[PDB]
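Here the structure is laid out as structure tokens; the discussion comes afterwards.
Chain letters follow the order of the sequence lines: the first is A, the second B, and so on. Going by the PDB entry, the residues shown for chain A are 76-465, listed in order. The numbering of chain B matches the PDB entry: 76-465, in order. Chain C is numbered as in the PDB entry; the shown residues are, in order, 76-465. The residue numbers of chain D are those assigned by the PDB entry, with the residues present covering 76-465 sequentially. Values below: all heavy atoms of this structure, side chains included; hydrogens, waters and symmetry mates excluded. Every number for a ligand or one of its atoms is a count from 1 in the order of the listing. Determined via X-ray crystallography, 2.2 Å.
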Number of protein chains: 4
Amino acid sequence: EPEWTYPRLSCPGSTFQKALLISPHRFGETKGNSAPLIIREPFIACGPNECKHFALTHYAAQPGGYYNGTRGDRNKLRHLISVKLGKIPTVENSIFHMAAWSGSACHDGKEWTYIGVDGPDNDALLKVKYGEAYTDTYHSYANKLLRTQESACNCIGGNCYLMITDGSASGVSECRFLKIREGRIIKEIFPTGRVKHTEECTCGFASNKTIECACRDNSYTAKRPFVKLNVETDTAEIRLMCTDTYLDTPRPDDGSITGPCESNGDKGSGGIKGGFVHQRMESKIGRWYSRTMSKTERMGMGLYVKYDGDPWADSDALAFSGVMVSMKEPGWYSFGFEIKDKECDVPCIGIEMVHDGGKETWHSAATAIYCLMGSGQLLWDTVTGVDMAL
Amino acid sequence: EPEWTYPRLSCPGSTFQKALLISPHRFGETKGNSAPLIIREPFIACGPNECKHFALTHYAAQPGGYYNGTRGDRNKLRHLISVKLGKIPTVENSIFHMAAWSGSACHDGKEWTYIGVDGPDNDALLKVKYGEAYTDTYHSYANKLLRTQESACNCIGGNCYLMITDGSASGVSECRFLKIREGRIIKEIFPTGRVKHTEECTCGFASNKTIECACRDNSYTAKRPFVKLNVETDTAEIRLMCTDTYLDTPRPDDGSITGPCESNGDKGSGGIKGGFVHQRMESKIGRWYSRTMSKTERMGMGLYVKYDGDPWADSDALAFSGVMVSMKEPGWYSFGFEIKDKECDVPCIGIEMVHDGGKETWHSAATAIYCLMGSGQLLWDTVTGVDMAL
Amino acid sequence: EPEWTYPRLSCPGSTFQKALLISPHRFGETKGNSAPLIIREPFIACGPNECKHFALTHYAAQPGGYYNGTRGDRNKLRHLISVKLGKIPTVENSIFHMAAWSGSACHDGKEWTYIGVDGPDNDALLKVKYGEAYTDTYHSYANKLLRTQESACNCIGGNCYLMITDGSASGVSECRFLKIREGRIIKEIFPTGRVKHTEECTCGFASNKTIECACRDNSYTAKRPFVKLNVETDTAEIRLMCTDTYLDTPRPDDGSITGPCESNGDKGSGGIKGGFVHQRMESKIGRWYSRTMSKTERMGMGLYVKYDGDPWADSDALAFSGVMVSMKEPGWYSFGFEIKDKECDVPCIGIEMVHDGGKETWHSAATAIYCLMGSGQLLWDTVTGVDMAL
Amino acid sequence: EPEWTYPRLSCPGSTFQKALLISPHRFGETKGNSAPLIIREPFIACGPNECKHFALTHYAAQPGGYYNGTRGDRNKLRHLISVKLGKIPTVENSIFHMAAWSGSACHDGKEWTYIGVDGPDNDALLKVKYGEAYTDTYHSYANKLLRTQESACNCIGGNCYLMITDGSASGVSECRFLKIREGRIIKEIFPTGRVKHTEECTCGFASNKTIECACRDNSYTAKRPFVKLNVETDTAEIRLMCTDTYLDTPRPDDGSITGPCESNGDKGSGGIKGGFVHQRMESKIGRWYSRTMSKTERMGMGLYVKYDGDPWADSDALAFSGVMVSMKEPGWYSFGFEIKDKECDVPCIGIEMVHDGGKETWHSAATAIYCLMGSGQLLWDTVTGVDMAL
Ligand SMILES: *[C@@H]1O[C@H](CO)[C@@H](O[C@@H]2O[C@H](CO)[C@@H](O[C@@H]3O[C@H](CO)[C@@H](O)[C@H](O)[C@@H]3O)[C@H](O)[C@H]2NC(C)=O)[C@H](O)[C@H]1NC(C)=O
Ligand SMILES: *[C@@H]1O[C@H](CO)[C@@H](O[C@@H]2O[C@H](CO)[C@@H](O[C@@H]3O[C@H](CO)[C@@H](O)[C@H](O)[C@@H]3O)[C@H](O)[C@H]2NC(C)=O)[C@H](O)[C@H]1NC(C)=O
Ligand SMILES: *[C@@H]1O[C@H](CO)[C@@H](O[C@@H]2O[C@H](CO)[C@@H](O[C@@H]3O[C@H](CO)[C@@H](O)[C@H](O)[C@@H]3O)[C@H](O)[C@H]2NC(C)=O)[C@H](O)[C@H]1NC(C)=O
Ligand SMILES: *[C@@H]1O[C@H](CO)[C@@H](O[C@@H]2O[C@H](CO)[C@@H](O)[C@H](O)[C@H]2NC(C)=O)[C@H](O)[C@H]1NC(C)=O
Ligand SMILES: CC(=O)N[C@H]1[C@H]([C@H](O)[C@H](O)CO)OC(C(=O)O)=C[C@@H]1NC(=N)N
Ligand SMILES: CC(=O)N[C@H]1[C@H]([C@H](O)[C@H](O)CO)OC(C(=O)O)=C[C@@H]1NC(=N)N
Ligand SMILES: CC(=O)N[C@H]1[C@H]([C@H](O)[C@H](O)CO)OC(C(=O)O)=C[C@@H]1NC(=N)N
Ligand SMILES: CC(=O)N[C@H]1[C@H]([C@H](O)[C@H](O)CO)OC(C(=O)O)=C[C@@H]1NC(=N)N
Ligand SMILES: *[C@@H]1O[C@H](CO)[C@@H](O)[C@H](O)[C@H]1NC(C)=O
Ligand SMILES: *[C@@H]1O[C@H](CO)[C@@H](O)[C@H](O)[C@H]1NC(C)=O
Ligand SMILES: *[C@@H]1O[C@H](CO)[C@@H](O)[C@H](O)[C@H]1NC(C)=O
Ligand SMILES: [Ca+2]
Ligand SMILES: [Ca+2]
Ligand SMILES: [Ca+2]
Ligand SMILES: [Ca+2]
């Protein structure tokens, strides 16, 4: 009988290793007989019994005749879809949850909560689904472009916390947090501090008390806005990550942003969503981060880690841990998630490896997974193995 | 060990929103690898654990070579099929329930009842299936064309109520209601009042005591016949909806029908099945309706609502809630259904969007879904995104 | 904690009606994207929860490159497959049970028993499978061609009864009966009486005391051999069906066999497996049968019935019930089976509808189902809808 | 509550028979509509409820455009996949467990354990997954090529025993055995005795206290290294099996290795994974093995058996029990596994039948299965039925 889930101590390990590649378009060739879905913004969320691989589809397949428009972000056909992790997301394997061009999902211990935003840009609408039922909505508040995480929300004892943001992509987007219980929004949380631009937060539990998020600023800085949300008081605060190892793309050179922690620096315009995930141990906390190998291009994906300290106040360079995607291969969005073992949580990072060939052809993605696994060093990189010409 | 289901209070909300689109022919192009089934008359029915998406297939897929005859209404190949709502209705995903060119289905809390009418026009036959087992039949009583709802029947305390009808499409069709329990017919019900012509009723619970249906008159009027069925006494009465906002297609201008409520008016010839769903509150009853945007063509679909009053007596215009499907897009049959949240019911309306290219090509449909969901105004419309040329 | 099944009283009804068509080759065209399996000798068996549609595949699909051989009876590639009844039996939907060119299956209330015969003609081997495990075997005793029912075996209190036979197609073929429990052969039953040729028995439960079988004589008579098997004392007895309505194909004109009951007669060479099922009542026993509409060809299928009496002694013509398949459509093997309702058993007859374009193209079959359904008369026939040039 | 599994006494039987063929490429022709996965190194492992069919895929299908490399051993794309035994392993039916170019799997009665080694040749990494969660890793020790069984590991009382090996392919490869419990390596076992080269062990339980393995020597001999592992003491000893029937391929003539039991002999270069499975009886143990028909080539597959005695000491030829695959057909890797019947275990051997047509086209395999079944002699051989040109 189902009880509410809580974050547990992470399971023992000291390094990440290549775990699993989901590359649907390995079967999408004209010579083939398969129907992989055209997608982007994939993420993974796990419940006590099952892991689900989510994505936003353009409601089209490779091969097919609806490639035109699959390079855009929003339209009336896009849908949040999923399969069990390990299954290839095809037309028939997938299930279509709801229309959305921005999404999230999380399992609270008893049931799946699905999140989907669609509607017109100036008045977008977030929709909440608990299992099969549509249960709530939330309205755009800045009337620019209401949007959400493109990664998993976080549930503790029945309460599910979700980042949403609204505002200009090149101007101001003040983010908020929805608290959602059994499909219904029961509280809005307004963060304090450096709030001028926060989008596409990647969140997780530092403990039973605190959720932390590494987010994206699309205008002002190449440093990641770092949220600290206390779930006991339902309050949040945002300051920029102090580490010399700037995680955004585009970014400047490491350390080159001189001055105090809060200094915005150069190359702030533009952005990318970043992997972030906690390794909780008895007396220390590990924070793992991913960023592209290239400073200005969505190419490659490397892994970093730092134990304890305060991300807001520490200049310290993050320890480079290894290359997950070499700079020759595409490396786009990345997200954190946790797999539930018998008595312990297993932190992972998934990486969106987009197949980009311009607007003249199809535009989709593969997903690579790296998980905390044993000891030593990260050993192997990941390729998609897709020839976009076929 | 499940209990019989009963209609519950509706979930909180005050507006409908775009929820989900099932457009299987987005994957029916020649350079694709999918086999979506060719169907029409789709509808949805929900049990306590699952929503099923039903339709009548022509036992043929796109791409395929059996297009010829997919624009006819009846033949020896048509079958009632279903998939789990959210899955694409393909050859492999679908399950074939029974031979039928007219159908319904509903869950009683324990098991599925599947209804499927087939046979020669002059002597058609209704078939009842309970789970896997064929359990009963009902013979033609007017010998013109026995037929049924093309949407979900309704169960309360293990008793399922089903509308059937038989008669000319341009003359008298005096409908009846069957009371079906565990797959077997236990009582016929003969409605009184205005029984000239009643077909393809879209029914639902107004309360524990009353079932209401918004039906179709294909011969005499563009006002929808309105059934009130007392499930405590198993009697039914029918009168025409009095509202100025005529729901049928074709129809004259709104309010144009001079004279009192019972006035049949002009443009009675023809018709279309219309969406109808209840929003049950503690102290009021909300009635949600859909109708085409075009006055004469099966094009577009708009949403409407009025709270309480007597549908038989009120000439009051229905409130316009929004455009679910614009007039640029096809809008055919519509239906009501209810999704089961943990403690309350969620009213929804489905829209059949037919792909009509004429007799020389394939003839099928997509399904769009809107549901009561939060507050405010209906925000976005639905397109199928299908080019029939591919 | 589950329990053995026993035959129950058949459930109310007085006529059969068209239920379900499984016609996978409707989707097997060259311009399609489906993969129906190529099969023959299909049958259906039902346990307490689901029905399974079994067949013998040639391990090849349509469209495909392996049409050569699909009109042959035995080879090293043939397997017994199934799907849940309602599903299209394709490459991906089907499950492969074991190598076999002759088969049977039945559920005892706890688990499925799968029967499969393969091997060389003069030393064939019957193989039994219980759940996932291979459990027993039986050897050729005549060294001509060991073979079995090609339809459901019959289980009572955990004991399952299966007909096998060994011998020449144009000579002696003395069948035996295996009593099987939980995958293992516990007893052999040697039938007394008219035993010179008995094959492809279609069997059902007349009572808790008696199994009856309508079988096929391929060399001596156009009357069908009829088995009476006493499951209480494990003894079997065979005599020819005395009825003027000769059920084999080919056959002489009805009644035209001159002599007493045991009289063999003319046109005894050739034969076909025939449908036969019991309608059990407290009052009386109904016996439904099926035979081709043509006397000399596998064309059409007619439904017949006599209530009570002794088919060993009664020469009276069986009552014609209706045409399940017209003489314009193919009509091959037919089989009996019973779907389990909550309280009652529903008798059905399935009809293999073979697509026969000769040995230069593919060779497979559709399945049509008719079940006892309500009262009145049988109303509609079944067509496959398949054009073999597509 | 689910308890730990232990080996049980074997099911009654005297001989193996052809059970099942899995040949996915029968449906891989260019004029078809299916997508069989391209694989090699298949094996099978069963738990209390289900058997799974594993393999190592090249992440490509037939037909498709990624054949280049499919004859390769290791790359960054290979993955451990599985379907339920009985299902065709296609793109859609299969589940992707983890990246791997060497694998293993087993069920301990509660949960599955999946083994997958990947990484650089020189610093390879073994990965352990328990259900959904990656739980442990193990590093290369000889830094030459860490690798594992490519067949089922073995679980008793929740303790899973698995063979790993590292070192030269033409020199020393000293193996180790891991004790894995609920996904974690709790003990390593260092074997004594003859240990210069042992790889690709096929292991099974000989009792509740002894596991035996028939392994491969790719460098020094054509006799198979034979591991004995005491699971009570957690110690293992390895000596070459002495029988004159050399099970390796390539091999010299039977008996031609002159000398005492421990002598190496000629033609010890090269190797093949070989079949081995126990038949456990009351006061007797059976030992079934398989080896190729050709002495030099990977063609054909014969079955051999011997009861009791010591494989370390006994020189006598194994009793030839029949041809499973004729020398005209491909016979590559073979492996042992056991199916769990209700009260006993059924021994089987699986055979990899590689479709080899060189480096310029696809490279994959079918899986053939023979199991202990009844009495007498092994009756029929297995062909794939695949024409590589189609
Ligand atoms: C966050 O809070 C949750 C809930 O308080 C913590 O999990 C709880 O504490 C321990 C986790 O190790 C569990 O104790 C165990 O009890 C079971 C019997 O239920 C027993 O088998 C074990 O030997 C152990 O004593 C406790 O049950 C568990 N409670 C729930 C409701 O899950 C969690 O550890 C906290 N996370 C932190 C501190 O990072
Ligand atoms: C229509 O009639 C049915 C039949 O009585 C009504 O269903 C009943 O609804 C009540 C509350 O509305 C349920 O009571 C609740 O039971 C749960 C435990 O099951 C308990 O935790 C709650 O505190 C509450 O007492 C009752 O169980 C339920 N019975 C059945 C058989 O469903 C239904 O409410 C009526 N719908 C209307 C009036 O709109
Ligand atoms: C063949 O013999 C078996 C004996 O096992 C008969 O099965 C039995 O059928 C009777 C029919 O009335 C069942 O009685 C019922 O029991 C249920 C218990 O839930 C009760 O609610 C009903 O009111 C009724 O009394 C009986 O349970 C059943 N036995 C078993 C073990 O299931 C079967 O009917 C015989 N076949 C014939 C007569 O054709
Ligand atoms: C090996 O050990 C297992 C575990 O004790 C034995 O399995 C038992 O078998 C008996 C029947 O002989 C059952 O009544 C017990 O319930 C079984 N125990 C468990 C835990 O399943 C097995 O018989 C032993 N002997 C062998 C394999 O020869
Ligand atoms: C709602 C929305 O359109 N989000 C965009 C997002 C956005 O353009 C920027 O972050 C700026 O606000 O970035 C792009 C992107 O890949 O950079 C993906 C997202 N596309 C989708 N989620 N569909
Ligand atoms: C049984 C039957 O053929 N019902 C018809 C329906 C019917 O003609 C009208 O209700 C008037 O009598 O028209 C509609 C329609 O599209 O208008 C299609 C239906 N097609 C199917 N349900 N198959
Ligand atoms: C085991 C076997 O080969 N059975 C044959 C069967 C047989 O040839 C005759 O009955 C004569 O004994 O008839 C033919 C047939 O359709 O007439 C189909 C069967 N084909 C298969 N079951 N494979
Ligand atoms: C890990 C690994 O690559 N194992 C090899 C194996 C190996 O080369 C020899 O056993 C010598 O060490 O050869 C066999 C083989 O087919 O001979 C295939 C294996 N391929 C894979 N398992 N991928
Ligand atoms: C379609 O079927 C009808 C009726 O069977 C037939 O008259 C017509 O010629 C067919 N059309 C084509 C294009 O074959
Ligand atoms: C057809 O099948 C027979 C059966 O063995 C075989 O001899 C023949 O060569 C086959 N022909 C082709 C073209 O495959
Ligand atoms: C296969 O790939 C290799 C590189 O890995 C390349 O050199 C070779 O030409 C390729 N083969 C073909 C036929 O393209
Ligand atoms: Ca930035
Ligand atoms: Ca009208
Ligand atoms: Ca005959
Ligand atoms: Ca060797």
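- The name recorded for the drug at ligand 8 is zanamivir.
- Ranked by contacts, the top partner of zanamivir (ligand 8) (the one with most) is named in the PDB entry as neuraminidase.
- The chains other than those of the drug that have a heavy atom under 4.0 Å from zanamivir (ligand 8) are D.
- Of the protein's heavy atoms, D/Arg222 CB, 3.8 Å lies nearest to atom 1 (C) of zanamivir (ligand 8).
- Among the atoms of D/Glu225, some N or O lies under 3.5 angstrom from an N or O of zanamivir (ligand 8).
- Considering both main-chain and side-chain atoms, D/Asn293 never comes within under 3.5 Å of zanamivir (ligand 8) through any nitrogen or oxygen pair.
- Residue-level proximity to zanamivir (ligand 8) for D/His133 is absent, since no heavy atom of it falls below 4.0 angstrom.
- Of the other ligands and ions shown, none has an atom under 4.0 Å from zanamivir (ligand 8).
- Taking every non-hydrogen atom of D/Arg153 and a distance limit under 4.0 Å, the qualifying atoms of zanamivir (ligand 8) come out as 23 (N).
- Taking each of D/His272, D/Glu427, D/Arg373 in turn, the one with a heavy atom nearest to atom 17 (O) of zanamivir (ligand 8) proves to be D/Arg373.
- Looking at D/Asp148, D/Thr324, D/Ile347, D/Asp241 and measuring to atom 5 (C) of zanamivir (ligand 8), the nearest heavy atom belongs to D/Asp148.
- Considering backbone and side-chain atoms together, D/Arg115 places an N or O closer than 3.5 Å to an N or O of zanamivir (ligand 8).
- Entry annotation: chain D, source organism Influenza b virus.
- Nearest protein heavy-atom contact of atom 14 (C) of zanamivir (ligand 8) is D/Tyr408 OH, 2.9 Å.
- Checking atom 21 (C) of zanamivir (ligand 8) against the protein gives a heavy-atom contact under 4.0 Å.
- Looking from atom 10 (O) of zanamivir (ligand 8) to the surrounding protein, the closest heavy atom is D/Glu274 OE2, 2.8 Å.
- Counting the atoms of zanamivir (ligand 8) from 1 in the order shown, those under 4.0 Å from a heavy atom of D/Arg149 are 3 (O).
- In terms of protein heavy-atom proximity, atom 4 (N) of zanamivir (ligand 8) is closest to D/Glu275 OE2, 4.0 Å.
- Taking every heavy atom under 4.0 Å from zanamivir (ligand 8), one finds D/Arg115, D/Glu116, D/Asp148, D/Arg149, D/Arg153, D/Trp176, D/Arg222, D/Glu225, D/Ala244, D/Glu274, D/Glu275, D/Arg291, D/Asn293, D/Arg373, D/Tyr408.
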